[PDB]
Protein chains: 2
Amino acid sequence: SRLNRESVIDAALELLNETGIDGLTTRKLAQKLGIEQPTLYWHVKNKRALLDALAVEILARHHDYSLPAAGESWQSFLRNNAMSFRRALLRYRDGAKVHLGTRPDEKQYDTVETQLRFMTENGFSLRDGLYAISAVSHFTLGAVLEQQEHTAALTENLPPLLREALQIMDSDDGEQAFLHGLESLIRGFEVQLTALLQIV
Amino acid sequence: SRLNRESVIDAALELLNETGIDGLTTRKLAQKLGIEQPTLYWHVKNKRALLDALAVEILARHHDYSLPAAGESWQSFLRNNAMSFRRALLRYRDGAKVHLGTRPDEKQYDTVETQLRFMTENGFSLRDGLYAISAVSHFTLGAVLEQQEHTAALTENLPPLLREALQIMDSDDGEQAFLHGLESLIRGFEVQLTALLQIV
Ligand SMILES: CN(C)[C@@H]1C(O)=C(C(N)=O)C(=O)[C@@]2(O)C(O)=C3C(=O)c4c(O)cccc4[C@@](C)(O)[C@H]3C[C@@H]12
Ligand SMILES: CN(C)[C@@H]1C(O)=C(C(N)=O)C(=O)[C@@]2(O)C(O)=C3C(=O)c4c(O)cccc4[C@@](C)(O)[C@H]3C[C@@H]12
Ligand SMILES: [Cl-]
Ligand SMILES: [Cl-]
Ligand SMILES: [Cl-]
Ligand SMILES: [Cl-]
Ligand SMILES: [Cl-]
Ligand SMILES: [Cl-]
Ligand SMILES: [Co+2]
Ligand SMILES: [Co+2]
């Protein structure tokens with residue numbers, strides 16, 4: 001079929017979602033696309049190139065709260081941004097794994113630059129803003145990774161509090177724990193920011 | 001070589017550390033151990049059994065701050081516990097990936113039960129204690145996963161704050177951002193706990 005960038009990425013997203021990050025082979029991608037391996041190689045050099053491109057596309061498609069609103073607080077932006085990043089990661093099988101270790105792409109420069117400048121305009125040094133941003137990213141990735149891999153994994157002598165914790169854990173999709181943790185994180189940054197030079 | 005549980009796990013840990021989670025194949029494990037595949041199969045049924053066992057062993061070996069000390073605060077326990085969990089995950093290539101989606105093993109029951117009871121003895125409901133514990137686990141896993149996969153990945157037109165953030169990011173191993181985020185998390189749980197029924 002068609003082998004422009006957009007279509008090879010569509011195909012790889014479909015393949016990822018069907019087979020997960022282990023089935024995302026250049027050989028199985030070639031089968032999907034109805035082509036021989038040397039034909040695919042012209043367009044896609046290896047699995048790592050595909051993984052990087054998929055990371056970028058996942059957020060392009062489904063990460064919709066990338067930028068603060070007019071007059072939005074840094075707290076509200078971080079909350080909205082995290083919920084969005086989470087939704088985007090959960091859209092595809094192993095989407096969080098796909099993101100891991102990536103760095104901002106050139107196509108994301110203006111956006112992420114705006115995110116960093118915004119934090120500094122709200123009083124954070126660049127370093128402290130980055131630390132907040134990274135903590136939100138890492139917490140979200142962690143939570144999503146554990147939720148997704150646990151669903152994958154699925155394929156009495158318990159002590160009482162653990163038994164209860166497991167029901168709680170298995171009683172929703174993970175969103176309740178994620179949102180509680182998110183509020184904790186945001187408020188911890190707020191304490192630190194407002195402390196200035198005071199022992200806190 | 002020897003094929004008791006302890007030795008098959010040693011071997012798989014060595015293999016994981018050499019080849020990462022993709023090289024942890026039952027076929028490459030068999031080569032390592034100097035045996036045929038049907039011989040390995042008697043002892044190890046599949047990659048998933050191996051992954052679960054490795055998750056447990058990684059913490060048995062190198063996760064040394066599993067339980068609070070006499071009179072230790074819940075804040076200090078969480079800090080010490082997270083630093084320990086982090087050290088343990090970083091000990092082996094893809095160790096965080098190996099942990100993802102696992103649930104407590106029977107061998108960990110008494111320990112994790114103690115962790116949960118401890119939080120409740122410090123004022124958290126089981127649910128709120130679990131939410132704190134999960135947030136710490138998820139944040140640590142996220143941070144480690146991003147650090148490790150980025151090292152794996154490694155194989156000018158930047159906007160200024162991003163350029164700076166990237167140097168900051170690449171200026172240490174990840175520990176500074178992790179520890180800053182950790183303090184934020186812990187203090188956010190503390191605000192929430194102490195709030196009781198007050199709007200916070
Ligand atoms: C917090 N939230 C999930 C962020 C986000 O909304 C992003 C996006 N493109 O809209 C990211 O790129 C974002 O998700 C993301 O992936 C970020 C990063 O990886 C980095 C890295 O790796 C190194 C330096 C700076 C950044 C960053 C500022 O761009 C990070 C911003 C993250
Ligand atoms: C926070 N810290 C890193 C914890 C820890 O030190 C552990 C350990 N064995 O010492 C875990 O097992 C610990 O790391 C860990 O992996 C935990 C969990 O997976 C769960 C799951 O998955 C579901 C219910 C309850 C737990 C839990 C209470 O045992 C979690 C405790 C985590
Ligand atoms: Cl074409
Ligand atoms: Cl607002
Ligand atoms: Cl503020
Ligand atoms: Cl033997
Ligand atoms: Cl203490
Ligand atoms: Cl307290
Ligand atoms: Co990223
Ligand atoms: Co766990």
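A, B, ... follow the sequence lines: proteins, then strands. Residue 1 opens every chain. So this one's X-ray crystallography, 1.6 Å, going by the header. Ligands are counted one by one from 1 in listed order, and the atoms in each one are counted from 1 as well.
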(request) Tell me which chain touches ligand 1 most, using the name in UniProt. (result) Tetracycline repressor protein class D
(message) What drug are we dealing with at ligand 1, do you know?
(response) tetracycline
(message) Can you tell me which other chains reach within 4.0 Å of tetracycline (ligand 1)? Heavy atoms only, strictly under.
(response) A, B
(request) Provide, to 0.1 Å, the distance between atom 32 (C) of tetracycline (ligand 1) and the closest protein heavy atom, together with that atom's residue and name. (result) A:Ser137 OG, 3.7 Å
(message) Can you tell me which residues in chain A that UniProt annotates as binding Mg(2+) end up with a heavy atom closer than 4.0 Å to tetracycline (ligand 1)?
(response) A:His99
(request) Write down the species the deposit gives for chain A. (result) Escherichia coli
(request) Report the nearest protein non-hydrogen atom to atom 26 (C) of tetracycline (ligand 1): residue, atom name, distance rounded to 0.1 Å. (result) A:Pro104 CG, 3.7 Å
(request) Name the UniProt tetracycline-binding residues of chain A with any heavy atom within 4.0 Å of tetracycline (ligand 1). (result) A:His63, A:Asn81
(request) Examine the proximity of tetracycline (ligand 1) to B:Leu162 and report which part, side chain or backbone, both or neither, has a heavy atom under 4.0 Å away. (result) side chain
(request) List the closest protein heavy-atom neighbour of atom 2 (N) of tetracycline (ligand 1): residue, atom name, distance to the nearest 0.1 Å. (result) A:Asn81 OD1, 2.6 Å
(request) Answer with side chain, backbone, both or neither: which part of A:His99 has a heavy atom less than 4.0 angstrom from an atom of tetracycline (ligand 1)? (result) side chain
(message) I'm curious which residues sit within 4.0 Å of tetracycline (ligand 1), going by heavy atoms - can you tell me?
(response) A:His63, A:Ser66, A:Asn81, A:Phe85, A:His99, A:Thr102, A:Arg103, A:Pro104, A:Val112, A:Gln115, A:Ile133, A:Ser137, B:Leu162, B:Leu166, B:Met169
